[PDB]
> 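Here is pimozide bound to Putative amino acid-binding periplasmic ABC transporter protein.
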Protein chains: 2
Amino acid sequence: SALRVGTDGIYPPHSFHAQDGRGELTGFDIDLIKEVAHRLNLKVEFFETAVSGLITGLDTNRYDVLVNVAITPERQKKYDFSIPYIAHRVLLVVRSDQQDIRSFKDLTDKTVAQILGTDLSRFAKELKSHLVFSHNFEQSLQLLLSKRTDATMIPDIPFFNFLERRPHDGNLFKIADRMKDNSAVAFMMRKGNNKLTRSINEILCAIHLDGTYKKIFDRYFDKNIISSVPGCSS
Amino acid sequence: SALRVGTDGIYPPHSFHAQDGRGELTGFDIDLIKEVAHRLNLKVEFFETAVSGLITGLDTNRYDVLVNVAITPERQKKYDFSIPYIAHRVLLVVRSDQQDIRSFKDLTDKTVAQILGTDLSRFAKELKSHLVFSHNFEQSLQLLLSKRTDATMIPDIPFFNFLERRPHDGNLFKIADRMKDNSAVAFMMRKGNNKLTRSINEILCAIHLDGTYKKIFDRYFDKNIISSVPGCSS
Ligand SMILES: O=c1[nH]c2ccccc2n1C1CCN(CCCC(c2ccc(F)cc2)c2ccc(F)cc2)CC1
Ligand SMILES: O=c1[nH]c2ccccc2n1C1CCN(CCCC(c2ccc(F)cc2)c2ccc(F)cc2)CC1
């Protein structure tokens, strides 16, 4: 009788460990679901797995929520999302020196860092890019920096997180494209968790209504740069 | 076998009638659910009632969807919302001449136009305001203009709609307060329509992904002034 939350804890600021990776699990999503869990009156047990096994871990019932999941028609068929609680916009980031990559269409025939088992990996593959698989967003970016790849497609959130922690690197990159729309991020439960979904929804609304959402989002993102979703009424 | 959508058709640009109130039902929400309906492969039958009976009409099974419903904890207990498809921010509007209404707390002991049977009506009443009940947002505004009331709390959407249709009337007001957050607006179905909800959700995602949402929202609101929700991925 706890909320079994899957993550991979190497993705600041969503889900990372304090004290330079050595301490307790922390992050925007983590504090949120933990916050969610407390009001729902439930202990939380985490399970850190690699992203490539994340959804697996949910089909295979080894936990009940995933966090930081982009809403997708594909997933919306097979799963239940909570209400969106944050949004990302997907950037095509390159080295500032970069020349010929001006849109996603241009990723064909260039070398790209994407995280194996992610839609952006499947995208980069579709475009007939040359994939170099990273184990999270820090490495995706470090690979771009190390000339090992020419580009990566990464959300705004991790990528501006990176410009914070490592600010001298905030000049060594550039955004050469973003997606037309931004994308909703929601918790993801197996289909049928109808009951648990709505509770999450109610508590998220409470968390919005009483200032909590604002404290939590404020602890992690720059309000001028990352997009929140709408709040609740009453 | 059709999607029974309740509305009140005197609320531009959400749900109004073409040709100055003489023609077919039209509006942002209306086109959307109609659009939703077509993809879900369903005719749509409308039912115009007054706002005060709207939720009644849904408890009483005389229709299956309400549109332009603000999410609230209260309603989220008793109903199913779709994913949010737009947001409003609630303005405290007064005559430009006004001086002493600087916040919601200041509505106590002044005379307010709100629409009977609405949360904002219940708000104005709680604050110990002096209520003068309007039929819709146009009259609530016209009552403010006619000195019959000192203020109204109204969403941004209707109120900027009004400044559009009637630009000669659009300098004679001012915003003396808005709420902390903006609020999510969603379709509202009876509890249990679990299946229909998710479908609406899938189609809303499709409607986002392929530019539809953008055409529809563009026909009705100013993108710089009204808030959209986040889009979908893929
Ligand atoms: O549809 C999309 N457009 C995208 C544009 C950019 C990046 C991903 C994008 N996706 C999805 C790609 C795969 N994914 C798997 C779930 C894990 C989720 C997560 C993250 C951290 C955590 F702790 C627990 C669960 C996650 C989110 C972003 C990721 F890059 C990788 C994995 C969800 C998002
Ligand atoms: O939560 C909120 N904040 C508010 C600020 C002002 C007034 C009401 C506000 N309510 C609720 C109050 C009552 N109500 C019942 C249905 C009317 C609904 C509607 C309108 C037109 C239509 F065609 C179908 C259904 C509606 C939705 C948004 C509005 F701005 C006004 C009325 C739902 C929204």
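Quick note on labels: first sequence line is chain A, next is B, and so on, each numbered from 1. Start at 1 and go down the list; that is how both ligands and their atoms are numbered. These values consider heavy atoms only, across backbone and side chains, with no hydrogens, waters or symmetry-generated copies.
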> If you measure heavy-atom distances to pimozide (ligand 1), which other chains fall under 4.0 Å?
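Within the heavy-atom cut-off of 4.0 Å: A, B.
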> I'm curious which residues sit within 4.0 Å of pimozide (ligand 1), going by heavy atoms - can you tell me?
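Within 4.0 Å (heavy atoms), the residues are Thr7(A), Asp8(A), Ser15(A), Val51(A), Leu54(A), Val67(A), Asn68(A), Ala70(A), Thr72(A), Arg75(A), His88(A), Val90(A), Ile115(A), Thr118(A), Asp119(A), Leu120(A), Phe137(A), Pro155(A), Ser233(B).
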